[PDB]
Amino acid sequence: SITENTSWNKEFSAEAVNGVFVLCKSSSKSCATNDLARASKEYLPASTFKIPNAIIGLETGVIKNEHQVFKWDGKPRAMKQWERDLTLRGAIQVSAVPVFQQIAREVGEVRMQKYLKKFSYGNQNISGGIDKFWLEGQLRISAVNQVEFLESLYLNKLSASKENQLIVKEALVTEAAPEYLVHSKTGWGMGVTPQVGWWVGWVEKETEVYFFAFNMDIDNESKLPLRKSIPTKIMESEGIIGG
Amino acid sequence: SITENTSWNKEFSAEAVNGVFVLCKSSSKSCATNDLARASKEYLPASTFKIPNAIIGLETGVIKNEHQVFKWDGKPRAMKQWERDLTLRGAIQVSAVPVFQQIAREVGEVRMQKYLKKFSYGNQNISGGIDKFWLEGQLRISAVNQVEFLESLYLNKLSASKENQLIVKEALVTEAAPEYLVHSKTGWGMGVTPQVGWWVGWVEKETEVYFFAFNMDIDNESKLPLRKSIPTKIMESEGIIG
Ligand SMILES: *C(=O)[C@@H]([C@@H]1N=C(C(=O)O)[C@@H](S[C@@H]2CN[C@H](C(=O)Nc3cccc(C(=O)O)c3)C2)[C@@H]1C)[C@@H](C)O
C-alpha cells in the first residue's frame, strides 16, 4: 500500500544523485516514496547496523548496561574521533566501528543469526566474517525494512527487553525540542560498489510520529551531507519540519 | 563534603541575582556550590515536581506508558501552550500543570506520601490539597536534595522499575549534541514569595556525568532566562557543556 510521490525526485536530481526516501506517518501502513522499486531494494546497512547490534549487545549481556564504557586500548584506529573511551551513545554518535566489531565478536555468529531472524532484519545474511558482515559482507536491508524495524523499536515490540530498547532509543536521540524529538542514525558503506549512504530514524512531532529511511549511491565523502539534506527537504515539503 | 566556590558569585552579580548553583562530578559525593547555606535551603519545587510525579504516575499505573496521549478536553487552560494533546514528554517539557494535577489526583494522597518517602523528596510535606502541594502548598526541597534525587534517577536507583526510570529519562532530554547530552527541567514557583525559579538536571560529556541544580529568587518575569543562563555560563566555563 506504499504510494509513489514522483515530485520528491526533484530533491535528488537537484543534487545529481540516485536514491530513495521512504516516509511513513503513524505506522508502516501509510508510507510514501519517490521510487517504489528502490524502496524495496536491499543495500549493505553499514553503520545503521549499530542499532540492532547495540540492542543485541545489551540483550546478550555483552554490553553490561546503559553506563558501560568502551575503553580504548591505545592501539591506533582508522579515525582519530574513535581513539578515546566511549559511552554507548558516544560510540553510536561517532560511529565507532571497532567498538561494534568487538561487540559482534562476543555476541558470535549463532546468536547474531538468531536475533536478526527475530528482528526480520533484511536478508539476514551474516556471512563475510562475524565482525565484517555489515561492512563488506553479504548483509542487505531495504529502506522499507528499515522503517519496519525502527517502528518496532519505537513501539518496544522488538524481541528484546523494553529496558534495552529504551536504552538504545536514548542513545539514538539526535534532535530535541519540547514537542519535537528525532532519533536517527547515519551510515556510509564503503565496502560495497556502488558505495551506499544511509539516514534512518523517526520524528515525534506533537502527538504524531513519522518513520523514515533514506539511501543513495555515494561516489565518495563529499556527497555525505545529502543523506540529511535531501530527507530534510522532503519532510519540509510534507509540513513535518515547520509549522 | 560539598565545597563552597565563591568565584561563581561573579555570574550572579551583574543581574543582582539571589541564588545557588550545586554542581557535582560523577556523584553527589563530589559537589561544589556558590553558597553552602542556600544549597541546603528548601524551596517550593513547582514544575520540577513533574519529575517524581511522572515516575510515581507510571509506577502506579496512573500513566499507562511512554506512548500515552494526554487529550485536551477543549476547556480553556491557564496557558495557550497547554491547549492541545500532549505526550508525556510534551506534557513535561511544556510544563502542562493541569495534566499533572489530574495525575496527582489519581495517584492520591496515601500513595503520593509513600513515594515521596521512598524517594527521600525534600520535606515530604504534601499538605495543601493533592493537586496543589508542589505549586502553593508546603512541599519544599533543596538544590542538594534535587541533585541526590536526579543521581538516583540517572543510576536507575530510585524505588521504581528500571523501565519507568528510563521512560522519564528520555522525557527529560533537552539538548542532544554530538559531544554531550543534557537532561533537564525548569520551574517557576509563582505561588510563593519570593518567587522561585529552578533549573535542574545532568549533563553527560565524553565518559563523565555532572549533576546540577540551580535556583534563584525571581524579582520579575524578565529575569526568568537567568535560571538557565547563569548555570549554563558556569558549566560552559568548566567545560561541562560545549
Ligand atoms: C558507518 O556507516 C561507517 C562510518 N560512518 C561514517 C560517516 O557517516 O561519515 C564514518 S565515521 C563518522 C564521520 N562523522 C562522524 C563524527 O566524527 N561525528 C562526531 C559526532 C559526535 C562527536 C564527535 C567528536 O567529539 O569528535 C564527532 C563519525 C564511517 C565511515 C562505518 C561502517 O565505517
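Chain labels are A, B, C, ... in exactly the order the sequence lines appear. Note that chain A is numbered according to the PDB entry, with residues 21-263 shown in order. Chain B uses the PDB entry numbers throughout; the residues present, in order, are 21-262. Recorded method is X-ray crystallography, 1.9 Å. The analysis underlying the following values was restricted to heavy atoms, covering all of them including side chains, and did not include hydrogens, waters or symmetry mates. Just follow the structure's listing: the first ligand is 1, and inside any ligand the first atom is 1.
- Counting heavy-atom pairs under 4.5 Å, the chain with the most contacts to ligand 1 is listed in the PDB entry as Beta-lactamase.
- Notes: drug at ligand 1 recorded as ertapenem (bound form).
- Counting only non-hydrogen atoms, chains lying under 4.0 Å from ertapenem (bound form): A, B.
- For B:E226, no nitrogen or oxygen atom sits less than 3.5 Å from a nitrogen or oxygen atom of ertapenem (bound form), counting backbone and side chain alike.
- No heavy atom of A:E241 sits closer than 4.0 Å to any atom of ertapenem (bound form).
- Listed by number with element, the atoms of ertapenem (bound form) under 4.0 angstrom from any heavy atom of A:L155 are 32 (C).
- Under the 4.0 angstrom criterion for non-hydrogen atoms, A:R104 is in contact with ertapenem (bound form).
- Distances from atom 7 (C) of ertapenem (bound form) to the heavy atoms of A:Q101, A:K70, A:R247, A:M99 show the closest one on A:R247.
- Under 4.0 angstrom from ertapenem (bound form), the non-hydrogen atoms of A:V117 all belong to its side chain.
- Of all the atoms in ertapenem (bound form), the ones that sit under 4.0 Å from a non-hydrogen atom of B:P198 are 20 (C), 21 (C), 22 (C).
- Examination of the model shows the covalent partner of ertapenem (bound form) to be A:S67 OG.
- Distances between N or O atoms of A:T68 and those of ertapenem (bound form) include no value under 3.5 Å.
- The binding-site residues for ertapenem (bound form) (non-hydrogen atoms, 4.0 Å) are A:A66, A:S67, A:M99, A:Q101, A:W102, A:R104, A:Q113, A:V114, A:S115, A:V117, A:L155, A:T206, A:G207, A:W208, A:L244, A:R247, B:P198.
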